[PDB]
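In this PDB entry you will find Taxol.
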Amino acid sequence: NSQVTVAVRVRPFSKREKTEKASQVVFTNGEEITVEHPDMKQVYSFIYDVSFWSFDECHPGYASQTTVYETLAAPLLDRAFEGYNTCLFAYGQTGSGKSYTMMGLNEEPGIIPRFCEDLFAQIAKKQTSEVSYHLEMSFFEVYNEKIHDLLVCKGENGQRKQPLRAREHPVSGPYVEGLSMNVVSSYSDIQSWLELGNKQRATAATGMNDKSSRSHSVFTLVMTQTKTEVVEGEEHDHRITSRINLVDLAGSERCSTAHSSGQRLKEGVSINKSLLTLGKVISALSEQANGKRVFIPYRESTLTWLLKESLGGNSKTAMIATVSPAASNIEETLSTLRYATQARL
Amino acid sequence: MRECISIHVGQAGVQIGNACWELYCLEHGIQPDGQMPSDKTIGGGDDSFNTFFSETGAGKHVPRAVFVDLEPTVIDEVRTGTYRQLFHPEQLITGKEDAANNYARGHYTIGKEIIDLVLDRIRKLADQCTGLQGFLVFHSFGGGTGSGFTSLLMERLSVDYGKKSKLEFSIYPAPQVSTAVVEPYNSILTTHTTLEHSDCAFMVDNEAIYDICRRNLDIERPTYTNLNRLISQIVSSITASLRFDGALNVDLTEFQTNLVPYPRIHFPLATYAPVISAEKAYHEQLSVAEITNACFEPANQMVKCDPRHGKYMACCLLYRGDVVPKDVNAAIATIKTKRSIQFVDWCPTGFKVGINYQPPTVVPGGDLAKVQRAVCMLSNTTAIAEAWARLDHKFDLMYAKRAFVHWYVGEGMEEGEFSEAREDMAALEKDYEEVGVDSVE
Amino acid sequence: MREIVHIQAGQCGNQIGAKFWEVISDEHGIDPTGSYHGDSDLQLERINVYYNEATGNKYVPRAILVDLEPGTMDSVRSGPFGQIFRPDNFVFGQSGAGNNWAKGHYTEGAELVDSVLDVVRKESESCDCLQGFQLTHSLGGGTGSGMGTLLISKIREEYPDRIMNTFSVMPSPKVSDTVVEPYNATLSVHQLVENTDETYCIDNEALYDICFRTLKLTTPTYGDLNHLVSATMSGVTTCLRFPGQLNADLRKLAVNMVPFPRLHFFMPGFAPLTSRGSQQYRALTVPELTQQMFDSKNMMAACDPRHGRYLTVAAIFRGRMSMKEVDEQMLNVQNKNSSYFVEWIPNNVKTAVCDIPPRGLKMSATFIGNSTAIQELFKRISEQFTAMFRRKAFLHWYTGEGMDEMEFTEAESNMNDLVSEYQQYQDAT
Ligand SMILES: CC(=O)O[C@H]1C(=O)[C@@]2(C)[C@H]([C@H](OC(=O)c3ccccc3)[C@]3(O)C[C@H](OC(=O)[C@H](O)[C@@H](NC(=O)c4ccccc4)c4ccccc4)C(C)=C1C3(C)C)[C@]1(OC(C)=O)CO[C@@H]1C[C@@H]2O
Ligand SMILES: Nc1nc2c(ncn2[C@@H]2O[C@H](COP(=O)(O)OP(=O)(O)OP(=O)(O)O)[C@@H](O)[C@H]2O)c(=O)[nH]1
Ligand SMILES: Nc1ncnc2c1ncn2[C@@H]1O[C@H](COP(=O)(O)OP(=O)(O)NP(=O)(O)O)[C@@H](O)[C@H]1O
Ligand SMILES: Nc1nc2c(ncn2[C@@H]2O[C@H](COP(=O)(O)OP(=O)(O)O)[C@@H](O)[C@H]2O)c(=O)[nH]1
Ligand SMILES: [Mg+2]
């Protein structure tokens, strides 16, 4: 079992909050990301493996959208060609800079298309006769611990959504029963299928923001390395397979501060449990490498259950936290960083 | 007039009130139904004392208190017991379901839609009072109600009533003894709020009073209605200067000043030295010096913390009965001459003193004895950090594995909130180290 | 007003319930007709926890009997306390399950369950507040193994924010009363770890031992084993009905006794059980009940806690007592017997008290416990399973009613995975 990698990325500022002209709390002495209140009763200091400083375009070591790819995401691609599975997560609440980093906008790209483009580049470089690759994409979510596919039946069909169910092949692993995945050939089809999905992610308008996601979106790609017929006969190790998972999680959203009942409270309760189990899984998996007999609780959550074959074994994991530099979110921001520490140790 | 509103949250607060009022009604001359026979016979005096009991024109007397537990199994013993014709029927049961020993239930999901009645009855009782100066609260740090409803209530009352003393006579969990395996959690999350909102939070521990009940009262098999009858005596020694006369009187806006150096260290202790039995009541003098010295003994403390591992920042001494001042000003000098008892360099004055003329009352069916004098100490010590750390360690032992946490997030809670509360509990065990340091120049 | 909806499922559940209502009625003062013939007022203040009311000061119970293929409607109705149940609640069908988990989950259950739930609604909405459900079934058969668990799923979907207690009889390490016990048990545990908050793993051999060693009964029938299970069934829900000093509920005993969700398989016990001769030569105090409870002979689970570590135990006391004795005696166990407990929970025991004891005693008790020794109960079936599933043993009677082989494998892994969560916490860290 390999090590989990954890990083942090601070957004510059939002023009919406800038009407208030609130203050700055986060500071960076290289890799010790210090936090300070306006009162300065205490001063917190968090140390992580990696740290991205995107507060303003003055400081050296500014981490442009390019800098995340070569630093965190490109090794996932380099290992996927070796047959090993990979996973990337993303943890931050509404307004953190999360979907800016996953995909960005058409002019400032994120992590998904810049990854899937270099993927096809290294394919077309090695699309020889001895080797021939095949890609397949799927995109689903988790709402109240129910799996839904974002690319099926488009709603308005009597019923609302299709609650698929998870099962366990004995040797292949966990899987979803009823997920017509897709086939791809190049990059634009991925963008079309993904724009078709995110419109149907079951978001909801909480008081803090009009668009706040209440689902853990999962994007899975499957890569195969088929080889050719050897001279003696028709048998050749052509089943080298790999699986790339990219998750866009939701925010913790504590409910005492945000007076929410009825259905948002159930959503929140489903979101805080998945996050807790995910943290427990990552901590156990990072404690197994250091030498210990520990049980990894996959089965206590669906997102940790379907991805059992992507975290354990000899696979690689990665996590990106996103925090606001303001003081208004100081109780929110700190929580994220605290979770990241639990992933590091 | 002077008044004090007494709130009683949870089973602990209810079982304490059922003794506190049993004592007050007897101190003032009130039957369990409400009617006093003394006012018609003697024809004078304010024995219907307005600090706790309001009066109706029909000769009836109505207490200034409220009850709420989110479980009707307790208060229904009042609505069907001996004290039913006294209390207002608005004893806010809302117990369609209990709070499962988790703060997340007493805070949001069974603590909302119930609190409005509480904050309405408190307004109704405050409108009846002219010179209100106190919101006493009785709860327990351990349970979901005492931890959650109390924090949902104090944060509301600090908005509503604001510049008004609040006092929490709470039950701190014991190190070894316990009746639950979540008290290390429900206690830390409470401090994170009451530390900011409350003004002076006393603390008692059932282990200490158990020990007191065997080494002094000769009871080998005690129950809770023996300890609650000592807690009632504490609250009566506190609230006596409000009701009865005395040479040196002490109001509730004086503990808040002479025992609270900084706003975050308002967690004192409490004692009551003569708890002697009717057999040992004879064979003994029970003078001011003996009692005052007994208040400074570790064995007689109603909280489990060796005060010799720390220093005293302040201390009050509320006497009750036949006492003379120079007996007191001779008793304290013997304490300052002693080298086991320490005092911070920033408080040589140290002592607040209070005297009252009304002696205690002996509740029948009881273990306490008749005494011509009785005392209650209220000390602020730097030793109770060692009692706080014992909880914090437990937290760190059952949060590294994230145990029992899903029962909290399952009822409206975030993981990081637990971490934030632990950070708040660590800042306070550091300030106690700051105050304990001798200055240098 | 907290309220419990009982459900019977199968022969075991029907007989055990028939003996449980015979033990709650006596506790409350109700006769076979439904009339009140009590002596105290404190039996009616909270009679709503199990019984509904009716016209002539009568009281009807909230039972929902379910057993495809009858043979027991006659046995309960004809019995002494049978004509108190609601006849519309006598649900049943023909074509018995035949000791198959499939016929009681897929074929015959699917065409009966929609008539069962239609009573739960009719018996749930009438409750002012609902604390949870109480099922009584036995693994090994078809009704208790399949139909009860299907009901559990259908009810945890509708009423999720509640408690589904399930007091389950389990197979044994020796002679059994059914040949296909392992497969039904495996396929039930897969559906009882994900959809349940508190289950009691009762075994019959531990009850034969309790009846032959302590009680010194020579010819014990099934109507004497249930007379022990009913004790626990009443003792758990006493802090809702009767008052006390430290009250409780089904949710306090589920928040403290379940550190992680899957580990909700408990290990019950009742004290003071004794022979008629040794009743004159004993004393009734707290420590006697404590020793009789923590002893490995009074547990009903066919597992030895001395082979494992207690994660969390409970003790619902009943009687006029002193908490100075209770807390002291429950701390003495943690201090003396430390290796039988875990260190990453500081205190491993809570206490509950009620001031109102049993009809003929002065102080009773009821012990719940969450040990790792339940490992040994599920390390057995998973062997039997993989002693049979390999050769494709009595399985054509399962595939022949709409079940693939994969469903047999999944339930084998989850159980095994559960065994690897109890055994994680059985050695020093
Ligand atoms: C002088 C005396 O002690 O009489 C006892 C008695 O001797 C003993 C042996 C009773 C006796 O019970 C048994 O012998 C027995 C037989 C088979 C299986 C289990 C028990 C007793 O019959 C049983 C009976 O128990 C009760 O009445 C409780 O209410 C019990 N309910 C019923 O027994 C009951 C059953 C069906 C119909 C009506 C009532 C109960 C238990 C737990 C929770 C609530 C109620 C009692 C006190 C006794 C006798 C009568 C001898 C004991 O019963 C229980 C469950 O406590 C057996 O061990 C206890 C210890 C008692 O000492
Ligand atoms: N001194 C004293 N303490 C009590 C008494 N009753 C309960 N306690 C304490 O209260 C704690 C339990 O929490 P409580 O707040 O009383 O529980 P509750 O009030 O019923 O509310 P829930 O937790 O929701 O059940 C235990 O740790 C006891 O030590 C009492 O009568 N006297
Ligand atoms: N690294 C960055 N550098 C520069 N600008 C940034 C950066 N990250 C975020 N921003 C800006 O801040 C905005 C972040 O807000 P927004 O994109 O709405 O949050 P979001 O993460 O996309 N919503 P959600 O998916 O719920 O987290 C972006 O749209 C940019 O305008
Ligand atoms: N304790 C007890 N167990 C019983 C009784 N009747 C049957 N059993 C047990 O139930 C198991 C068989 O399950 P069964 O009742 O036939 O379930 P069903 O086939 O669905 O009705 C066996 O292990 C028996 O030991 C009873 O009256 N009391
Ligand atoms: Mg309670």
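Read the sequence lines top to bottom; their chains are A, B, and onward. We number chain A the same way the PDB entry does; the residues here are 391-735, in that order. Numbering, chain B: per the PDB entry, residues 1-441 in sequence. We number chain C the same way the PDB entry does; the residues here are 1-429, in that order. All heavy atoms count here, side chains included; hydrogens, waters and symmetry mates do not. One-based numbering, in listed order, for ligands and for the atoms of each.
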Quiz item: Which numbered ligands or lettered chains belong to Taxol?
Solution: ligand 1
Quiz item: In this deposited structure, which macromolecule lies in greatest contact with Taxol, as labelled in the PDB entry?
Solution: Tubulin beta-2B chain
Quiz item: What other chains contribute a heavy atom less than 4.0 Å from an atom of Taxol?
Solution: C
Quiz prompt | Residues lining Taxol, heavy atoms within 4.0 Å | solution = C:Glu22, C:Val23, C:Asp26, C:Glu27, C:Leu215, C:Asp224, C:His227, C:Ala231, C:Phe270, C:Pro272, C:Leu273, C:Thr274, C:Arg276, C:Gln279, C:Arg318, C:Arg359, C:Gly360, C:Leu361
